[PDB]
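ATP-dependent translocase ABCB1 bound by zosuquidar.
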Amino acid sequence: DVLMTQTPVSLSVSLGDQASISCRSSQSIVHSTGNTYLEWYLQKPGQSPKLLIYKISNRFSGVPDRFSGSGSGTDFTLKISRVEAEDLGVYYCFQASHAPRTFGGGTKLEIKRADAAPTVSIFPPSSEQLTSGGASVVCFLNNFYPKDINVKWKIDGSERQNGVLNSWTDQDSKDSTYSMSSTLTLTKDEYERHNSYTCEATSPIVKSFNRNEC
Amino acid sequence: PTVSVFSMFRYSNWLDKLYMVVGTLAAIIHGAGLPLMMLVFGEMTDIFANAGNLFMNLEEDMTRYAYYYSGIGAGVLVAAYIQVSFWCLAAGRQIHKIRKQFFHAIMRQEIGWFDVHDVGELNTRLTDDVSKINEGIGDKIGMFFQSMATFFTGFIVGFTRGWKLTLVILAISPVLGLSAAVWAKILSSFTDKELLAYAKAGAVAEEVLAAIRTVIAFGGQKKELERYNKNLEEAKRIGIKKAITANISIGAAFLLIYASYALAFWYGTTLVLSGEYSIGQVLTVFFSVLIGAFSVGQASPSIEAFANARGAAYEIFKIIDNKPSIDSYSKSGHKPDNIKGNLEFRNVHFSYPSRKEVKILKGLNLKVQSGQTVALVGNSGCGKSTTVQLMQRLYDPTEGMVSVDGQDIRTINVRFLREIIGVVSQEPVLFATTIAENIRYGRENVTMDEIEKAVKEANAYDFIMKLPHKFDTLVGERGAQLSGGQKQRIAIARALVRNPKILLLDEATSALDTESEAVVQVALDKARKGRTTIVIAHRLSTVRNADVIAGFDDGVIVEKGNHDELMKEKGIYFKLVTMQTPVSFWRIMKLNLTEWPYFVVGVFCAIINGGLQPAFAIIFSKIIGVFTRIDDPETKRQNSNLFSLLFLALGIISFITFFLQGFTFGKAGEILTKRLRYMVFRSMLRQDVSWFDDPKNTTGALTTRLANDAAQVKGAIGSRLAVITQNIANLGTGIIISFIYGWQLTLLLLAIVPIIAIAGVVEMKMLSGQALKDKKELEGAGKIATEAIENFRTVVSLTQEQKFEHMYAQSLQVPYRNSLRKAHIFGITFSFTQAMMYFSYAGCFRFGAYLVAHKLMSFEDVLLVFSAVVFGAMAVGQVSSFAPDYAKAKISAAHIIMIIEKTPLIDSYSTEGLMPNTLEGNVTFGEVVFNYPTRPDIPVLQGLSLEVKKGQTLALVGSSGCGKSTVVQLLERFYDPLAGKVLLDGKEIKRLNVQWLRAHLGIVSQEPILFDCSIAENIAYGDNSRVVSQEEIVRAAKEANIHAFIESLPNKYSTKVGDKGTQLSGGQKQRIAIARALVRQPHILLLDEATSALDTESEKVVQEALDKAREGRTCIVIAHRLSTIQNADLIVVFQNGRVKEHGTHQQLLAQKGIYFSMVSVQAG
Amino acid sequence: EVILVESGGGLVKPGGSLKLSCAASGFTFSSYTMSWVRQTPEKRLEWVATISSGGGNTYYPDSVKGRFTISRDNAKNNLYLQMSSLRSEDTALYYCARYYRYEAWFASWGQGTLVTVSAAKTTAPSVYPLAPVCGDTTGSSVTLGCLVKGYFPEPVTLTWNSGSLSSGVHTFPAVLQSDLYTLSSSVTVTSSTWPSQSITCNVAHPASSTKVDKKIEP
Ligand SMILES: O[C@@H](COc1cccc2ncccc12)CN1CCN([C@@H]2c3ccccc3[C@@H]3[C@H](c4ccccc42)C3(F)F)CC1
Ligand SMILES: O[C@@H](COc1cccc2ncccc12)CN1CCN([C@@H]2c3ccccc3[C@@H]3[C@H](c4ccccc42)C3(F)F)CC1
Ligand SMILES: CC(C)CCC[C@@H](C)[C@H]1CC[C@H]2[C@@H]3CC=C4C[C@@H](O)CC[C@]4(C)[C@H]3CC[C@]12C
Ligand SMILES: CC(C)CCC[C@@H](C)[C@H]1CC[C@H]2[C@@H]3CC=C4C[C@@H](O)CC[C@]4(C)[C@H]3CC[C@]12C
Ligand SMILES: CC(C)CCC[C@@H](C)[C@H]1CC[C@H]2[C@@H]3CC=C4C[C@@H](O)CC[C@]4(C)[C@H]3CC[C@]12C
Ligand SMILES: CC(C)CCC[C@@H](C)[C@H]1CC[C@H]2[C@@H]3CC=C4C[C@@H](O)CC[C@]4(C)[C@H]3CC[C@]12C
Ligand SMILES: CC(C)CCC[C@@H](C)[C@H]1CC[C@H]2[C@@H]3CC=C4C[C@@H](O)CC[C@]4(C)[C@H]3CC[C@]12C
Ligand SMILES: CC(C)CCC[C@@H](C)[C@H]1CC[C@H]2[C@@H]3CC=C4C[C@@H](O)CC[C@]4(C)[C@H]3CC[C@]12C
Ligand SMILES: CC(C)CCC[C@@H](C)[C@H]1CC[C@H]2[C@@H]3CC=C4C[C@@H](O)CC[C@]4(C)[C@H]3CC[C@]12C
Ligand SMILES: CC(C)CCC[C@@H](C)[C@H]1CC[C@H]2[C@@H]3CC=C4C[C@@H](O)CC[C@]4(C)[C@H]3CC[C@]12C
């Protein structure tokens, strides 16, 4: 075949800066006609990818002038000037010169943002899953940066029950922030053995629910 | 043998120079219409393949493009009209001048263009030749320049738009131009090649037809028909090979068109896909360069016809330049006025301009004053007639001079001379004119008073009173409707009205009656005092009144003096005087029912080759659709490859199907015409001579039928199905595939195709021959020329050439005018229809812009609808014009079937009749009357009777045609009488057999006629359908001293004789014909003019062939000189139907009568 | 504009057979090359098939040929992909895609149609509400949750107020654990709406015809 690599993976670009994303083919991409097809595709969180620039140096009707693409032979690169939050996703370097068409790995673009402490919030369980035998309590660690953060649950103060189902999220396009969910599930027997519960983030930002019904 | 180019257009004035320059420019602008059209089309295809994609302003772009097409269409309308008309008017004016001028020079030419240069060949060197120049410098040179233009414009466009593909389409261009050149030659004049195979056979067909009576009389149908069949199979082979070659040529043209499509698209898609070119850039460059490369092949027949043109104009111009030493358009000879009549001959010699080897005359010297009359006696052919000619300066002496009235004629004018002199020749002839004009021929101011005066003078006033239309009866041709008396009397009267001064007569009383001869002579004598006279006669009645009597020996006048001069000499004239004192028919397919496998494969290949055009329409529309749709490079590549391959395969199938259709329909056609000519001929030799006499049934009409019928029926059987089935496949599939792809556009554009179809047919006729060239109007002008041409020397002394020169011009004026108008009429129709093609790309495509703009169809849908009906109607026209006419051919087949089914009254092949065992050889005639079926009013014999016995040598003698040709066809059954009774041994020949009669007895004709075979053949021909012995030939061939001349000539019994007796003389042939029926061994002997052309010392060995074989046979000898008749047993002299006498010879001598004179010509 | 909408995906047993369809409106469907592309749950695209503009030509990679078959119907503007003998590696989200003149390969996509291929049993969700005890507001914004848990296959829709509110929502993706997906969402509402306008947590399962609009309360 022909396998297309993309050397950068994690880009930390700041609003107003530049970005350079390579695509280093393995065989040499040249069609019988003499044209070289290598397009770039963008996928913004939770949408179908959209065509950026076709051939080698062109722009689909409806793109900014900051997007540049130059190179020759098996080496191709993409550059972005003045990164704006409206530009955040995963970039794929498609190529159509040889009879198996192959996308590329993909580059993640993480725009830099000021550090922020997550506004933690615990959630008490409904009696419905309680009646059925389940405990539905979660802790939405909202609006933080950098991307990585952990979450700890202190069961009535001493029992730090880290038994949840972590659900990572993607950088919020609007404000360039993150989030995550930590759903603590345990069989309802040991749950009601405790009345309060104190969830935090890692200084810990606290919150609690101390009631089995209201 | 060619005349230069500058000296080619010499009969053109200032107006003709303006007709040539403007026609050339007009043709140079009309030839740049196709290449320019491909420049607009390749531009409109880039519009249609960019809109709808992003229907905005697409309609507006199409209207602007439509204007361009109507502009090119109008330019081509005007330029085509001018080019065709102006070039046909410049050649229509010149050719007419050249006709008049050539004919003006042909008339005023010194005698000696009939012996040196044959005359019929002169008619083929005039009419035909003139037509060849016309076709040469005429419209063709227009066509040339146009095609040249389409060359250069083509390649110029090819190099301006994009050149990378023009070098490629040019790399193969020699082969393209060569196929085009070859095809162009086979397209033009493709109907003037059908006399190559019927040329060698035409001779044999003409030869048997020339003497049908001899073949029936001698039995010899069989071998003649067999020779015919052989000739046939040869012509058939040549025809098949030409059909194969014509169809291979067109097939190769189409194969190359299609393979060039294949290559152009296979490479142009690489170019297009690499972003370099567009699809409009490829369509323009490819179409334009291809059109250029074929339209340089269209320009080969122009150089071919120009070379022919000058190659004939050479000989014409060399006739027109030829100024004879003696003529009458020099006007230099003095005109004498004091005329008294002084004939002075001093040492006048002559050698024939026809044959210089023999001087039949060896010097003469005589003097004749005015009124002095001299008679001239000698044998027929002693230079009497030719000397009467040389009197009028019809020739000049080889040594010496002739003078008149003191001075000689070698310096003075001849017109006044050849006018004031009257001369009635041996046989004076008269033309297709009126008796008023017949007499008026001498000069101009001859009034009706003079006409009536002359008819009184020559006793020529009687047929006025007895025959109606008294002054305007149209005499027959050569003097036919008249009789000898009327002819001679109008002759002497006419020779009198010219106000003669010296009157010279030749055999003045050959056929004149008792009273008629006397009145002719006296009417002549009353004009013998103020005018000299010199007479020649064989009747000594019209000699006595002469002042002197002369004797011709070796054309010399040796005996001279009055009556008593030679009457005291006791010489030759003395010896003379002392011895004297429907419905149409449709069953023609039941003629060619037997060759059905041919027609089955033929219809099949016709269908395939007629459906190949919609296939091309679909493939082309789809191969442009490949580029309008939105695909990847790889899908466009694969579909382009597959469609190029389908183009190539279509080309190969086109080649094969064309060759096959040609082979099979050509072979069916040839088998048909072969069989048909065979049967026509076979059924022709069964009809009686009473069918074969009619001059509305002539040999020329029959020869035209043999060849023409072949052509026509072959056409109206095979080509009809070829054409109908090609056209049905073609337009049926085109229309039906179009109706389902868009009906809106097809309904509009199906109201045009009548004119595109018609446009193709009119062009095709213009492209090859079909220039109308009406010759029926030309024939009338030609007929007048043929008359004067037959006897130019005889007429010139009448000086009437003026009144025939004008009889040319005033006649040529009708068609000329007409032809002028026509070179306008055609010039518009052609032009108009060509314009119509250029207008279609404006109508259809405009409507297309509408529909594509309301999504009622697609672009490739318009391309498929247009390409499959417009090009389809073009193909329908070009195909329906490349085949013979129908109604003509149907009438020809109608007449051929009319004759095939024939059944003669009396069949020569039928065995019926009487086949008796014995015979003695007796013939008896009784009250037998005999009449033609065409000539009932004129009688020949009036119910005569005879009695001839075995061994009895009948003797009969008469003048020139009193009924001796009658009795021949009565015994060998060419004729049937309505009255009388004939008893051959009491057994009627009207009951007896007609073929069994012929194996029994054998006769001899007037003259021997012969074959293109060996001498052994004709002599053995005398008996057929039985084992002939070589020794029986050497028996009679030696018996008649005729083998003596056979063993000496190399290939003694194996020399292929010349045609009809050119390799020998008569005395050699007069032996072998009597010897022909000698080997027959009949029981009845018959001869007729057996001493006609034979040596007095061979008339013994030819008559001895009778005497020792006279035995057993009813011997009936007929000759002219009584040398062989005086030994014939019974003498039956005749006179106009009544049996003048019959019986023993001394019954004819003791009672003296018309025979007492008939043996008194030159007895010793 | 150019609107492509596909449908036809759901849980399938290996060796099975399925037929996706993609209906297109807003252009001249009978003129454009069309491709099918696939995104596996590691989020790494892969070409899967192509078909030219008339249906003649068709191209598959070297690891799908024989099983998949792509075809089109220009009369109704439909594009079908019939897959046979599915494997465990063909579990992925399947996009339609158009082709663009000037030779760019995937101009205008559609939305996915998830096609899970395994040996499991389709089931409905277990929808539940979430809210603080006695509903204590924390300011001008009040946090409300929801928790959908225990279902199979993955495509599940979560909405609120059926198309009205989108201001402070925070929904998080599921994490497979023993053939059961749990997917959690949140809200943010002002103090002046929640006690006046109660909030509903709508949930629907396509694979089980479920539709449970849970009204959320303290
Ligand atoms: O109609 C067809 C087929 O005609 C027949 C088909 C079947 C049997 C037939 N049997 C007897 C006579 C014609 C027959 C022929 N056209 C006749 C006219 N061409 C015209 C044309 C005009 C001027 C100079 C050269 C050409 C020749 C080609 C051409 C290429 C592009 C666009 C137009 C044309 C080319 F540059 F090479 C096209 C084909
Ligand atoms: O038909 C006219 C008018 O030309 C057009 C004018 C404007 C638009 C047109 N659009 C499509 C086709 C022709 C168009 C041109 N003829 C076409 C016909 N040629 C004749 C002819 C005759 C019988 C069978 C095939 C051909 C064709 C070429 C050819 C090659 C050597 C010698 C003569 C010819 C060939 F063997 F290829 C020339 C004149
Ligand atoms: C005497 C007649 C039958 C000759 C036929 C000539 C036709 C083919 C010519 C004559 C005038 C031409 C038209 C002149 C002007 C127009 C109007 C424009 O908006 C579109 C093109 C259109 C419609 C042309 C099409 C071709 C046209 C109609
Ligand atoms: C005289 C003729 C009939 C002989 C046959 C010669 C033909 C087949 C040859 C002559 C010149 C050749 C072309 C020369 C140049 C090119 C460009 C190249 O990139 C591909 C081959 C191609 C397109 C050739 C095609 C074949 C060609 C047209
Ligand atoms: C015009 C004379 C020289 C005839 C020879 C020229 C034509 C018939 C020949 C010359 C080059 C040939 C092409 C050469 C190679 C290919 C590629 C193949 O995958 C499809 C057929 C195709 C496209 C051929 C078709 C036939 C072709 C076009
Ligand atoms: C004599 C009559 C009845 C023959 C009629 C011939 C027609 C019906 C035939 C002739 C050649 C054929 C074409 C040959 C090749 C192909 C290419 C393919 O990609 C589409 C179909 C198509 C275009 C065929 C359709 C049918 C066709 C157009
Ligand atoms: C519209 C439907 C019925 C399509 C069928 C079209 C038929 C009726 C058309 C197509 C082509 C036409 C033929 C074209 C040329 C010729 C040759 C001529 O010497 C007689 C008419 C004849 C034989 C035509 C007869 C009518 C015809 C056969
Ligand atoms: C003598 C024959 C062959 C000619 C018949 C006239 C043709 C040219 C005419 C008659 C009927 C016409 C059609 C009648 C109906 C419509 C609907 C109209 O809103 C747009 C044009 C359209 C599609 C016409 C196109 C032109 C048309 C086909
Ligand atoms: C049923 C109808 C609508 C079919 C359309 C009829 C057309 C295609 C047919 C009808 C009669 C045909 C014409 C009949 C007569 C001739 C004369 C001939 O020397 C050339 C072809 C030509 C000019 C034909 C051309 C095609 C023609 C006009
Ligand atoms: C008989 C054909 C081949 C040539 C003559 C065609 C001319 C006279 C006809 C053919 C189709 C016609 C067009 C038919 C429909 C339209 C759209 C209408 O809203 C305005 C006139 C317009 C633009 C016509 C102009 C004239 C037109 C182009």
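The sequence lines are lettered as chains in the order written, beginning with A. By the numbers in the PDB entry, the shown part of chain A spans 1-214. For chain B, we keep the numbers from the PDB entry: what you see runs 32-85, 104-630, 694-1276, in order. Since chain C takes its numbers from the PDB entry, the residues it shows come out as 1-218. Atoms within each ligand, like the ligands themselves, are counted from 1 in listed order.
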Zosuquidar - positions in model:
ligands 1 and 2
Which other chains get a heavy atom nearer than 4.0 Å to zosuquidar (ligand 2)?
B
Does zosuquidar (ligand 2) approach any residue of chain B that UniProt lists for ATP binding closer than 4.0 Å (heavy atoms), and which?
none
State the residue and atom joined to zosuquidar (ligand 2) by a covalent bond, or say none.
none
From the PDB file, what's the organism behind chain B?
Homo sapiens
Can you help me out: which of the UniProt transmembrane segments of chain B, N terminus first, have a heavy atom less than 4.0 Å from zosuquidar (ligand 2)?
1, 4, 5, 6, 11, 12
Just wondering, which residues come within 4.0 Å of zosuquidar (ligand 2) on a heavy-atom basis?
B/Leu65, B/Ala229, B/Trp232, B/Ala233, B/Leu236, B/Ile306, B/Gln347, B/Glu875, B/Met876, B/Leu879, B/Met949, B/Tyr950, B/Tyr953, B/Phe983, B/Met986, B/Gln990
